[PDB]
Each structure stands twice: as C-alpha cells, then as structure tokens.
K.L.:
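Consider the following structure, which includes repaglinide.
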Amino acid sequence: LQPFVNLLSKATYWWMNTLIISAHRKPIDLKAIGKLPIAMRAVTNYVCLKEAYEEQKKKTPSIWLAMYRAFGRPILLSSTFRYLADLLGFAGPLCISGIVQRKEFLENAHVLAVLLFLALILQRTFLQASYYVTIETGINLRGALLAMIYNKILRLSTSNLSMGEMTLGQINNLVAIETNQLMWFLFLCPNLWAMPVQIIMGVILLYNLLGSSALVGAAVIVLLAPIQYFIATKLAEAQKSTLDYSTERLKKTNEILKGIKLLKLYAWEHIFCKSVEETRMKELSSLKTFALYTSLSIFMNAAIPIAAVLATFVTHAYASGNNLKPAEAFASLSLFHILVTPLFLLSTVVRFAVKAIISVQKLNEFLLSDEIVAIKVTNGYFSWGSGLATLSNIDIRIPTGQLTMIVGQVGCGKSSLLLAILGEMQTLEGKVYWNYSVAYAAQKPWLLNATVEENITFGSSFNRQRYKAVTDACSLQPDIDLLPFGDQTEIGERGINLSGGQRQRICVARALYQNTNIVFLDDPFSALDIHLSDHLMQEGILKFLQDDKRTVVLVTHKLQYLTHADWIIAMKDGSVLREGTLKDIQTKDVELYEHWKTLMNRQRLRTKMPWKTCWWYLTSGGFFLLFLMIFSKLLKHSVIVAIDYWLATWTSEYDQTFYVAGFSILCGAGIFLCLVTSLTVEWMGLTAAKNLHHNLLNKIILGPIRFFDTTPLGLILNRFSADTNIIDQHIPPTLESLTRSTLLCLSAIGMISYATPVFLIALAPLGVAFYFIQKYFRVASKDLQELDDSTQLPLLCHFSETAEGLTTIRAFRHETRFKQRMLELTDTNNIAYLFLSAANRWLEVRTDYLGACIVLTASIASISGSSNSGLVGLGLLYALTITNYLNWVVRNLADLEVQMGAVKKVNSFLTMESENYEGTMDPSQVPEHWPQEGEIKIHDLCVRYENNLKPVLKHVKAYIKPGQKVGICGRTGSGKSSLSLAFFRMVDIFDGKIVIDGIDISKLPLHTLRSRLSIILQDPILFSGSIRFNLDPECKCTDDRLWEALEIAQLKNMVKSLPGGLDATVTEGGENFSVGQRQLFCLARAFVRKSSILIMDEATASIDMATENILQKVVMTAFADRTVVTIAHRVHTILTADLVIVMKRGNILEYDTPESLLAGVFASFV
Ligand SMILES: CCOc1cc(CC(=O)N[C@@H](CC(C)C)c2ccccc2N2CCCCC2)ccc1C(=O)O
Ligand SMILES: Nc1ncnc2c1ncn2[C@@H]1O[C@H](COP(=O)(O)OP(=O)(O)OP(=O)(O)O)[C@@H](O)[C@H]1O
Ligand SMILES: Nc1ncnc2c1ncn2[C@@H]1O[C@H](COP(=O)(O)OP(=O)(O)O)[C@@H](O)[C@H]1O
Ligand SMILES: [Mg+2]
Ligand SMILES: [Mg+2]
C-alpha cells in the first residue's frame, strides 16, 4: 500500500501542502525549502550534459544531440502523459453527447456522469504530472547549461582579440536571457507534438459529430494560429521600440537624480522635467501601438471562436437535412472551446522554438571561443593569439625568497611577461619551469561585490594578527575607518564606490594576505601617493613579505627603491635588455645604470489584498473609462451567455430562418463587443500609466532635497524603472485576464444554477474550498516569487564577477572554489524556482479536482432534474468551461496582488511632501534687476538640515558690502556649506533672517531666488547634450553671449576645436572633458547667469594647479564687479580676499580682514 500512497502524494503534490499551509505562521525562508535531491543538483546535471557533449565532440558537435541524450527520457515520459491527458480530455465532448442524448450500461446516462468525473480527474492529474516533469527537466537543463558556460568562462582566454569589449556583455546575455529562453523552450517542448495531435483529433471529432459542416468552423478557427503569430511578431517589434524609448527615458531620469542638488540650485528642475516628459510622450506613443496590437490579439482570441461557431451552425442548418440536435451541437461547442486554446498557444510555442534555436546557436558560437630558482624561462616566445611574437627571447630568472623588480618603458611588455608566466598567453616556443598558486595584484584592480573583509581575505582563514599586519602595512586602516561599517562594508559596482588608489591598495592587501610563496605585484603604485608607496614598500614589500621568506616580483616604472631590489629585470619593447643585481647591471651595462639615474634625478503580520490601491489604479484613468470597461465586459459576457442559451433554444426543437437570423445577430454583437471591451481595457491601461508616471515624476522632482539625501537613489530609480514598466505593460493584460476569467466563472455558475437549481447546495462547500485554496496559494506564491528573485540576483552577480578578473582567479588557483560557489548558487536558484512551480502545480491540481467535483454535481443534478435537453447540454458545457478558468482566476488574482504592490509603492511616493515653492511676498514687489546691488546681511542664522537635529549653524551674524569679495574657511565638518545652502534656501532656516538687496530670502518664491544666484560646487557636473544646452538649458540668452562667456573662461579654443562649436555633444559625468574643463564650464555657466552674486564651495578642490591658477584669474577679473563668497580648503586663495568668516562647529568665530586676524587660528592654518 505504501508505494501506492507515495505515488498518490507525488501525483497531487502533497509534499508542497505542508509548506504552503505553513506559509502563514512564518514566511518561506530557504531553510523551509530543503536542498535539492542529489538527482536534481547542478553538479550531476552538469556531469551528464558534459558527458553527452564530449561524446558528441568525439565525432561541429551539436548541443541539441547532447541535450537529447541527457534529458530525453524525462521529456518522453512527459509527452506520454500529455498524450494520455489529451485522449482523456476528449472524453468531455463525447460524454456530453452521451449524457445530452440520454447489456450496455454506458448509455444509462448516470454511469456516464461518473465516467466523465473519473476521466476529468485522470486528465488533469496526468496534465499536471506532465507539466511538472517537463518543468523539472527544463530546470535541470538550465542548471547544466549554467554550469557548462561557467566552466567555459573559467577556461576562457583574456586576449583582446577574443575577449573583446563586448565579450562580457555576450556572457551576461547568455547567462541571463539565452539560457532562460532555452529553458522555456524545454518547458513548452511537449506541446510542439501534443497540440497538433489534439487539434487534428478535435477536428476529426467535429467532423464525425456534426457532419461535413464542421470543416467550415475548423478552418475558421485554424486561421487563428497564423493571425496570432503575425500579431505576436508585431508585438515583439512594438515592445522592442518601447524598450528603446524607455531606456532613453530612464537614462535621462537617472541623470536627473544623480545631481539633483545642482539642478535644484540652478532652477533647472523643470527644464529637465520637460526633457524627460518628451521621451515619456514618445514612449507612450509607441506603447499605444503595442497596446493596440495586444487588443487585437485579445479580440481575435475571443472572437474567432464565435465567428467559427456562427459559420459552423449556419452551414449545418443550411446544408444538412437533419436539424441541429442538442447533443451534437453542444459536443461541437465544447470541442471548439477545447481547440481554441491549442490554436492560440501554438503560435507562442513556435515563437519560443525559434528563439531557442537562436539561443542554442549563440551558445555554441560562444562555446567555440579561444581558451587557455623559483621560476625560470628559456627561449620563450609568447603571443596574444595574433601570431606576432609579442615577447621574444626571454631568459628570466626569479630567485626564491628575494625581490625581483621588472622595470621598463610603457608598452614594454612587463605585464605581458607576468601573464605569460602565469600561462595566460600562448607559448609559441620555450617553457616555464616551476621549482602552484601565486598571488596576483592585477594592473587593473579587481574587487568582488562582497564586503571588504571577505574581499581581502579572499577565502583564506581569518587571522586578526595577519589582517592587522596587512592593513597597517597597506595603510588602509584610516580608509577602512572612514567606511560606514568599516569592515563588512559592501564595495564594487553595486556596493559603495572607492577611489582607484583605494581599490589598488585593497588588491595589494589581498595579494599580501594569502599564504603563497610567489607574489606577483603589477604596478601597485600607479594610483598611490609617494608617501603611501614608500610606506607600502618599506612595511609590506620589505618587512611583511620578507618575514615569511616569500618571493616577490614587482612591476613599477618608479625607479626609486631599485637599491632594495635583490634582482632587477631590464626589459624594453618586449625583450629583456639585462637581468641581474643592481651592482651587476652597472658593472656589465654602465649606460643603462647611468640612464636610470637620469630619471631618478627628475622630480505573517499582513496578507490582505490591497483593495484600496486596486481601486485607486482603476479610477486613475478616469471614471468614464472604468464605467465603460465594466459595462462593456458585462454586456459582452451577457451576449455570450445569450449566444449559448439561444443555441440551446434552437436545438430544443426536435423553418430555421428565425433562429439563424437571431443567432447571427447575437454573434455579430458578440464579436463587436469583444472588440469594444479589448479597446476599452487597453485605453484605460494607457491612461492610468500616463497619469501615474506623470504625477510621480512631477512630485519627485518637486520634492525636498532632504528626501533625496535620505532615500537611496536606487529605490527611486527602481520606482521609475520596475514599477513604471509593470504599470505600463503587465497590469493591463493581467487585469483583462482576471476580469475575463472571473466573469466566465460567474456566468457559468449562474447558468448552471438556473438550469439546475439544486446545484447551489453543492456550490456552498466548494465556495469555501476555493476560498481556502485561493488564500493559501496567494500567500505562498507571493512569498516564493520574492525568494526566487532574491536567489536569482546573486547568480548573475557572481557570473559578472567571474567573467571579469578571470586572470586573478586563475592566478590564485582559486578556480575550484569559485566553481563550487557557482554550483551552490545555481542549486539554490533552481530549488527556489522548482518549488514556485510546485506551488503552481499544487494549486492547479486542487482546482482541477474542485472542477471535477463541480462537473460531477452539475451532471448528476441535471440528469435527475427534468429539463430541456438543450438546457442539460448547456449546463454540462458550462460545468466543463468553469474548470479551465477556476485556476486562472486565482493565478491572475495573485499576479494582480503582486502588481498592486508596485502601484502602492508608486502611490506612497506620490504622497511625499513638496517644498514651499509659493512665496509669501508679492511677485510684483521683486524687481527684475534685484541682485544687482549685491547687498547681503545675516541675523544670527540658525540652519538645521532636518528638524529635531543639532543646528549645523547657530547664531551667525555678518554684514557684506555690495560688490565685495568675502572668504570662508574652516576645518571639515565646520558648517561652511551650510551658509551657502541657507543663501540658496535649500537647507531650512531654524532661526534668524538673511537679507539680500533689502529682501527676505526666505519670504520669496524660491524659484526666483535660485535662478538669480550663482553657485559652484566641489565636483563639476555636466548634463548630456550639446554645449549650448549645458550653458543655458532655459534658452533665455543670446548665443553670442555663450561665446563671450567661453572666451572669458578661456574655453573658446576648446569649443572651437570640437566639431560643431557650441553644438558639440557632451556626455554625462563630463567624460568628454577634463575635470578642470568641467569646472571652467560651470564657471562659464555662472558668468552667463549674470547673478551678480557668486558662491563657491571648494572651487579649487579637485582642480589642476594650472586649472586652479586660471580659475583664480577668472574669478579675479570676470567676477570682480559681482560679490564673491569663497568656501575653499587651501587658505592661499582666500588671502587675496578682504573679509574672512571662519567658523567652528556652529560659531561665527573670527570675522575681519585677513590682516586683521593676523595680528590666531587663521595664522596657524596659513
Ligand atoms: C513557469 C511556467 O511553467 C508552466 C509550464 C507549463 C507547460 C505548458 O506547456 N503550458 C502551456 C499551457 C497549456 C495548457 C496549453 C503553455 C503553452 C504556451 C505558452 C504558455 C503555456 N503555459 C505557460 C504559462 C502561460 C500559459 C500556460 C504549464 C504551466 C506552467 C505554470 O505556469 O505553472
Ligand atoms: N590582455 C591583452 N591582450 C592582448 N594584447 C595585450 C594585452 N595586454 C597587453 N597587450 C599588448 O601586449 C603588449 C604589451 O602589453 P603590456 O600589458 O605589457 O603593456 P604595458 O604598457 O607595457 O604595461 P605596463 O602597464 O605594465 O607598463 C602591447 O602590445 C599591449 O598592447
Ligand atoms: N545632507 C545633510 N543632512 C544633515 N546634516 C548634514 C548634511 N550634510 C552635512 N550635514 C552636517 O552638517 C555639518 C556641517 O558640514 P559642512 O560644513 O556642510 O561640511 P563641509 O565642510 O564638507 O561643507 C556636518 O557636521 C554634517 O554632519
Ligand atoms: Mg601593465
Ligand atoms: Mg563641503
């Protein structure tokens, strides 16, 4: 008995029942979901797939044959289950015919009801078993493919010829999408054979039941596959265009958020809002065609069946002597409902098959890519794959336990020599003799997305003693302390960015820490200060490494410390000039030794569905559209039910002109209302998306700066990228499907109840059962989706990590550890996805048994209760129909809940408070040339960044003469920038008042105040587009004024050199210019602003010495007339000022002419 009970448990997915039921007390964390059975682990699947692929390559090799030889048996079994399911499912129409007409007990009309019940139960059990088996094999294939491509990545070659700039993109695409497309094709694989057979058998059954008149309907419906494929192609094209425009919009939005403070200061927030709204309008224009084609798809899907039914029954009435009997009519109707789904989804199956062919071609093209005392080399020619000898005639020697520095000119080949030693380059000749893992500090530093502690340890055992030794020797303890968490701090692309010097120091620390006898350091001092380099060499290279008697080779152009080098390698143009000790080199090569000296001298609580947010989304478009949607859908479903009831009435009898006319009118109304409802739903979706995004962008850009400082930019960009995409594309189709399924189920229930009143007694318990299933599945699946996504993200992150810095991994010999990590991550992701699919199967099976119970009850009650044969057929038809949609209603309800979560996020963002833009003072009281005078005063200023915080500035009072140069200085965190922000009003004023030109700055429309004031920040920021755009996006000044400003800033020559002059394009972040160039561009912007007041915060900061001097000259000359308030670090510049206000942790402190306070914290700083 036990094996049979276990088979039943595996058939109804009872093993997921406990998990789903426990999804209430505690969310489903990874502990609840056990580990994969050894059969489904990624290691075994990878072994099988690799074995098959190698067998293929034994005799060009095809991934298709390897995949078949690996996972053909599971899919063959799934196909067998699918065929049995189709055969049993065609017991619906046949049994409907038998029951509607009514030793051989099969015609008793009661045994047929229980036969229908059993056949339906077996059909759905087999169908769900087939789905689960195909999904299991698909996930196994995804695991195997990920492991195989990861091994190839580990075995890739780093030559620029093969691993191009887009190689990382290709690998990431393979991991993310291509493998997913192949997995989905595996999921849908049984359909490619199950659906054509089902369609052919359905058409044959229609022909047998309904005479030759079934051919017309069969052809009309079969025309539904080409149409669906055509509109699917159109949808793909429209979605590609929409994604392009959305990417442009998101680039603009990200640029806006990154540097919001500067935009708000410069009153350019609304200009960039208009710029983003232009791209949003284009995206909505594209989405209009996308939604039009989606509406056409839904209209075809819901209308072609009705047109086919109309044609079939008109032809049968006007071309067959016998009248339309009830049994045959409703059997044909059920067969049409059965065949509509295969014909609609065959297009999707074929589309995925084509995409999988493309994906496999891409994967194969990738897999066919280029790959591959202490140390002595002899007669070694190394090439990067081109064929030319990049390095020739190498006779290098690296004595054990000694320092061997390799020096040469740039482009010499030193890094190439190290990589060749590591085996990353093809060895045309020669050999490399080892007398094992070697620590490698790549010339380009590489850091994992893990924490600093893990990155520096890099998998080795933690030793606080050695950790501190390396950190102090690396001089990284201060930079570590400055981190928000110190150790255990996220870094890398996703983590907190670090300066290049910090990254290189981290990499050098990693190389030093690990226990290896050979250490390869390549230009560790490229991004380090002279003092930092000296400390690193004296403490780490000389002492720390010599303590363990390790072997170190250092590649650096800094000839300094060449005396400390036990061995020296002189290389030039890919060839060793001389190798040996400094004294030996000088004795043998006097010229070289003297040459180096020349360079030396040079210097769960909540689970309720969000109904409030759902209603808010529904009403967002407008009450008229919502009313039209509801009315159109109700009228369409009433017309469809009327069509079926009119069919029943027509078949009741047993001339036909009246019935045919009425039926044709009803079918025409049905198709017209299908079109109307599709258009209305898409219209509502479009209006909702437009309104929501418009309001969200406006509110966010108009919000306070404190919000931007608090909320990470990641969250806001996610609200603009993921939530916006959901609202645009996923919500409308999901709502359409949910409403269609809900109304179909309700109409079926109502029609069954009317035809068979007794059905309500058995409907009462099934309602409770369905409610419980709905609740439990909704919560469980909502949790499992989050689990799956959170598990998926680290997998792509790890693939990106391994793709980069491959040389570091293969130099540490830590490839095995990374491979094991990948196997663990992919196993976790696969188990998460598999259990999500298992929850789906659980729900589907329970709802299938519920539908079987509904069908049994409806059949028995209708047979018992006398009724028109047509009415009995109608009841049975709807009892079969409700079964197919009971599952989809709940699944779409869960999806709608998930998406209303995102809409709730957007709504919450809409509720953010807005800055007090409105100014108390009358606009008419603000003269146009208000800031011309330059008069400025302060009255015990007290500014707090946010309420309930200690005042950054407290009781500051000062007077500034018109057209006067004022200076500001102080130690870090002294509140210097607080005064500037108060000037601009961005930072709220806790107490006091500031008067500019005899007006209260606080009591003014903040836009006017911001526009007519000039501010320069520490790091210059440039916005994408033309130079003219950056000079004045408002376009409220003559073009020649821009040339005058450029000439004043001394940038006229640079602009002229670039093509197009003022129209020369500019890249985000100033990548098209040097830092000094960006700073002088900002200075030119301030000049063209003609504010007459200049505020500078670290203008010289991050500025070249020549850049600093030219900026100082420009400030002295151009802005002489206008007031200048300088907040700088170097006191040198402020010396030329006439009034300096130094502050210390909230105190006006010193205020007098530079000489006045020199009669003395200022003197100490100077
Ligand atoms: C992650 C998807 O894993 C599945 C995988 C399957 C296997 C499968 O050949 N389905 C047929 C549907 C059957 C009823 C015709 C199909 C065909 C084309 C497109 C999508 C689909 N299906 C995929 C979802 C959209 C409609 C049904 C079933 C169900 C699932 C599932 O979600 O649980
Ligand atoms: N990964 C690579 N793939 C292909 N060719 C490379 C690669 N790295 C360097 N080369 C080429 O090999 C030759 C020497 O490269 P190498 O890395 O030694 O440059 P370098 O400027 O001497 O380095 P360093 O920064 O250490 O001074 C040059 O032709 C360089 O273009
Ligand atoms: N966005 C902010 N929100 C709240 N407080 C801040 C913010 N920025 C700086 N502060 C606080 O204000 C004080 C003054 O810093 P400040 O003088 O502006 O720095 P800097 O010298 O770099 O200009 C600091 O001690 C800091 O903690
Ligand atoms: Mg190099
Ligand atoms: Mg500052």
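Numbers here simply count residues along the sequence, with the first being 1. In each ligand, atom 1 is the first atom listed, and ligand 1 is the first ligand listed. All heavy atoms count here, side chains included; hydrogens, waters and symmetry mates do not.
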K.L.:
Quick one: which ligands or chains are repaglinide?
P.N.:
ligand 1
K.L.:
Can you help me out? I need the name, per UniProt, of the chain with the largest number of contacts to repaglinide.
P.N.:
ATP-binding cassette sub-family C member 9
K.L.:
Which organism does the entry credit as the source of chain A?
P.N.:
Rattus norvegicus
